[PDB]
Novice: 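Hey, check out ciclosporin bound to peptidyl-prolyl CIS-trans isomerase.
Proteins come first, then strands; the chains are lettered A, B, ... in the order of their sequence lines, and each starts at number 1. Quick note: numbers below take in every heavy atom, side chains included, and nothing from hydrogens, waters or symmetry partners. Heads up: weird residues get written as their parent (or X), and the extra bits don't count toward contacts.
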Amino acid sequence: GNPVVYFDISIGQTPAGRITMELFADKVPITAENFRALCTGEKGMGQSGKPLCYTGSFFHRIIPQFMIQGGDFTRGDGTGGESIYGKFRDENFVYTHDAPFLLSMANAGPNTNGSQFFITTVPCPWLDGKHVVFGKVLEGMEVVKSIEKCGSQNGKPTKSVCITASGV
Amino acid sequence: XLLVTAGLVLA
């Protein structure tokens, strides 16, 4: 029932493999749909004047033993991103950050979801009730670990990590 | 600290 989406990942100029993700559309349908549509790029051009699509965007902030963060396809540095909806409200906090390899929304406070997201690499319970958890990695866990190793304490990647393709 | 924000990364 739940959509399954993927990112193909390159680290530097080198294809790393694919992260395959389940989105919890059954419990978090608005948040899952935004992410699904940003993987396919099916909504076309956005309000920022760029494609509403993760393809070509990077994991711009990577912290080892914490998480990997991406989805800023408008500014590429954490200051941008946009939802298919034009920010949206925190849908619910049904799921918690109780495991690595969960997908959750980055934000800039309450009810500011756009396109940025993270994949956890540890439990992040201090984020419960503040970031909407909306899926998990099904396959490609080792790719997430390879991305994570490219992180830094200041979050700056030591090698670029690109979503070279995305979709269903 | 360990947050996941979009614009002003905090401690």
Novice: What parts of this PDB structure belong to ciclosporin?
Specialist: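 Counting all copies, it's at chain B.
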Novice: I need the residues around ciclosporin for a figure - heavy-atom cut-off 4.5 Å, please.
Specialist: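 By heavy-atom distance, those would be A/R61, A/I63, A/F66, A/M67, A/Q69, A/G78, A/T79, A/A106, A/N107, A/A108, A/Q116, A/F118, A/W126, A/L127, A/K130, A/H131.
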Novice: Residue by residue, which parts of ciclosporin reach chain A with heavy atoms under 4.5 Å?
Specialist: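 By heavy atoms under 4.5 Å, they are B/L2, B/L3, B/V4, B/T5, B/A6, B/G7, B/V9.
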